[PDB]
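Notes on a structure featuring salicylic acid.
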Amino acid sequence: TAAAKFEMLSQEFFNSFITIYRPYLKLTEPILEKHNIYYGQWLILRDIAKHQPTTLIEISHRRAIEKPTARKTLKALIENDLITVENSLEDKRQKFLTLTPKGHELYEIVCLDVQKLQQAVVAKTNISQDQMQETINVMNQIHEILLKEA
Ligand SMILES: O=C(O)c1ccccc1O
Ligand SMILES: O=C(O)c1ccccc1O
Ligand SMILES: O=C(O)c1ccccc1O
Ligand SMILES: O=C(O)c1ccccc1O
């Protein structure tokens, strides 16, 4: 439900990494479900974890989602006691956001499970550390272009 909720050489090349996304999320889905959190929620949670104290404004910008989407997901994170909002009289979109203790516990647990699952996947392949850094090198080049464009 989580993965479901979330929804030429150059051609074979792009296909090789774009088609891995969905299978990847299906496999990591249970990690989030076990913590009663959905993928959209996890991404914003993680984002806050790494940038807190942060704001709906900054979040929307780094995540590249629309305010309505970010507002709705944050609202669920708050309602679930995973993040706390600075109490202020300013606009909600300007208020500082940080993880609650429950939020941190959930975060550390998901993060470690994901890390171990990734290690496992790799361990079943013939991929070398070198092959991994070379891939990283190529992907970041692609990523630079897609972002500078936007
Ligand atoms: O950046 C993503 O789109 C993403 C999606 C699901 C899980 C981890 C991720 O980084
Ligand atoms: O970083 C990921 O690839 C990831 C995947 C599934 C759930 C949480 C995550 O951070
Ligand atoms: O990637 C995100 O930060 C995200 C968050 C909520 C809903 C959809 C999304 O892609
Ligand atoms: O509902 C809130 O308290 C809230 C707080 C910060 C950002 C968006 C929000 O909906």
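Positions are given from 1 along the sequence. We count ligands from 1, going down the list as the structure has it; atoms in each ligand are counted the same way. Keep in mind that the numbers below use all heavy atoms, side chains included, and drop hydrogens, waters and symmetry copies.
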| Most-contacted chain near salicylic acid (ligand 4) (per the PDB entry) | Uncharacterized HTH-type transcriptional regulator SAR2349
| query | Which neighbouring residues and nucleotides define the binding site of salicylic acid (ligand 4) at 4.0 Å (non-hydrogen atoms)? | reply | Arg71, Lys75, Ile78, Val85, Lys92, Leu97
| In terms of residue, atom name and distance, what is the protein heavy atom nearest to atom 10 (O) of salicylic acid (ligand 4)? | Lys75 CG, 3.2 Å
| query | Can you tell me the protein heavy atom closest to atom 7 (C) of salicylic acid (ligand 4) and the distance? | reply | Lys92 O, 3.6 Å
| Under 4.0 Å to a heavy atom of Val85 - the qualifying atoms of salicylic acid (ligand 4), by number | 5 (C)
| request: Report, in ascending order of atom number, the atoms of salicylic acid (ligand 4) lying under 4.0 Å from any heavy atom of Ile78. | output: 1 (O), 2 (C), 3 (O), 4 (C), 5 (C)
| request: Write down the UniProt domain of chain A that holds the majority of residues in contact with salicylic acid (ligand 4). | output: HTH marR-type
